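Naming: A, B, ... by sequence-line order, numbering from 1 per chain. Counting convention: from 1, in listed order, for ligands and their atoms alike.
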4 protein chains.
Amino acid sequence: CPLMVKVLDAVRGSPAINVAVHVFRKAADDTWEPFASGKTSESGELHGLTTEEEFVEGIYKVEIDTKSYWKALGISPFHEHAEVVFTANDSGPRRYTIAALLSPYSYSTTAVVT
Amino acid sequence: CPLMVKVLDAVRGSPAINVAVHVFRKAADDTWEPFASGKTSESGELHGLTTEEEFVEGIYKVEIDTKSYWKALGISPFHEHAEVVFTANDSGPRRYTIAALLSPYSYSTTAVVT
Amino acid sequence: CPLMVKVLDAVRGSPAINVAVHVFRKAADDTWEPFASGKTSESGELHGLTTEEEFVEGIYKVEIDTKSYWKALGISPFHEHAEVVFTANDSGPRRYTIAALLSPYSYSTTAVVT
Amino acid sequence: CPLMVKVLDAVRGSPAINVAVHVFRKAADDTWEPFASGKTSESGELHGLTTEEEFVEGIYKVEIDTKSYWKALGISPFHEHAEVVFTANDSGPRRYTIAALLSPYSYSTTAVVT
Ligand SMILES: O=C(O)c1ccccc1Nc1cccc(C(F)(F)F)c1
Ligand SMILES: O=C(O)c1ccccc1Nc1cccc(C(F)(F)F)c1
């Protein structure tokens, strides 16, 4: 899997478990087409969203449903969700780890590309 | 002004000057309508995007053109841009400061609501 | 004032008010000598820690009492406190803003130097 | 190993490899006694610093030599190093992952405790 998402909880000091993640790919008409989706595991990870065959060059949007996550904790979050938009494989296939660190009013995101 | 954006550069240790910021508001048909735009000042700040009369409850998207910013520095960035999506004034008018700290492969964003 | 500290709360989406901040300077014998201290205001800011006459080149440590801050909110924090260690004015006097964004198990810190 | 350190590079979008890490434990006389040290691997990770037998309750300081790391990249960093100070095993043995995300003028740190 060339696309992995990892999500952490900065309030509890633990992985953000069962966070919904939706991935979209920009279509020719500049629309976001659904690409893959999943929920993070107990380790706050989501693997197996794609295959390198299917993961072609393009602009992808990784949307993390942070709102639902905090609501389930009884916390009222600021953001509707966290989005990470990036061009991928523009120079051939690469492995992308998109990480997010969550707090009710803040998130940090980083990408490790190899 | 009930909405202010501040953008900092984590690589140079300075405000991110002249970063284009586009603000949209979700329309009834679930589309993003253009709302306000501008460029950050020499202090990395963007004020006067709205008025509290015009700033009604709704879901707003603040889009920060980070890609152009790094390209201008000769650095190749990961993200197409940074987006902050949030519901505003759902409980009456508030002052929102949306801050972003930028790095080529990472960004952190926080909201200070008062 | 050539040294300012700003502290924000990522859980409440507000400035971190009344956070104790202690600044030290490395002495010849490699010990931390007390330099300045204070508490953040209602805006999460702490100014007037020094004067540019007194603020000479050296290694300074800004210590932020985050533990007390979270305890006062009834939250159990991970860190004893946050420390920022940096060499200052090594190239003549500059204005330093040290900012920190706090969460129970995490903190981000940036410097804006001008 | 109950203590793991992971360090990432926000400028290159990769793990921060070969970063020196020194861990200290607060002694009875309130002095920092050397506890363990190592360098991060190609994956930006440092494991095997201790054993759960040796990792007793106490206040520990994890110091990350960020300055040397950036200097080797020809970048001049703001911080001397990044320090993470925390009380550990105060409620019995736990596994601690201390993560840091680095930029020349900024770092973020989080702890995942299990
Ligand atoms: O901790 C992981 O295992 C991790 C994995 C991939 C990328 C980043 C990772 N950690 C981390 C540590 C601090 C801050 C952030 C960020 F906010 F950028 F997502 C991520
Ligand atoms: O530094 C400011 O003046 C600031 C203003 C409003 C909100 C946050 C601010 N500072 C700050 C300091 C560290 C990290 C971040 C964040 F990444 F969240 F944007 C923001």
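- According to the PDB, the drug at ligand 1 is flufenamic acid.
- Going by the PDB entry, the chain with the most contacts to flufenamic acid (ligand 1) here is protein (transthyretin).
- The chains other than those of the drug that have a heavy atom under 4.0 Å from flufenamic acid (ligand 1) are A, D.
- Distances between N or O atoms of A:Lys6 and those of flufenamic acid (ligand 1) include at least one value under 3.5 Å.
- Remark: among candidates A:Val112, A:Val7, D:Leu8, the nearest residue to atom 10 (N) of flufenamic acid (ligand 1) is D:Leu8, based on non-hydrogen atoms.
- Heavy-atom contacts of A:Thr97 reach the following atoms of flufenamic acid (ligand 1): 6 (C) (cutoff under 4.0 Å).
- Close approach of flufenamic acid (ligand 1) to A:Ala100 is summarised as follows: ligand atoms under 4.0 Å from at least one heavy atom of the residue are 19 (F).
- Filtering the residues that UniProt lists as binding L-thyroxine in chain A by heavy-atom distance under 4.0 Å from flufenamic acid (ligand 1) yields A:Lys6, A:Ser108.
- In this structure, the protein non-hydrogen atom closest to atom 17 (F) of flufenamic acid (ligand 1) is A:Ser108 CB, 2.9 Å.
- Distance from atom 14 (C) of flufenamic acid (ligand 1) to its nearest protein heavy atom, with residue and atom name: D:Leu101 CB, 3.9 Å.
- According to the PDB entry, the source organism of chain A is Homo sapiens.
- If you number the atoms of flufenamic acid (ligand 1) from 1 as listed, the ones under 4.0 Å from a heavy atom of A:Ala99 come out as 6 (C), 7 (C), 8 (C), 9 (C), 19 (F).
- Here D:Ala10 has no heavy atoms under 4.0 Å from flufenamic acid (ligand 1), in either its backbone or its side chain.
- The set of residues with a heavy atom less than 4.0 Å from flufenamic acid (ligand 1) is A:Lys6, A:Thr97, A:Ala99, A:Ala100, A:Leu101, A:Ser108, A:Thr109, A:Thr110, A:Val112, D:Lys6, D:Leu8, D:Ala99, D:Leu101.
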Write out each pair where an N or O from flufenamic acid (ligand 1) and one from the protein are under 3.5 Å apart, with the distance.
{"from": "flufenamic acid (ligand 1)", "atom 1": "3 (O)", "to": "A:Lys6", "atom 2": "NZ", "distance (Å)": "2.8"}

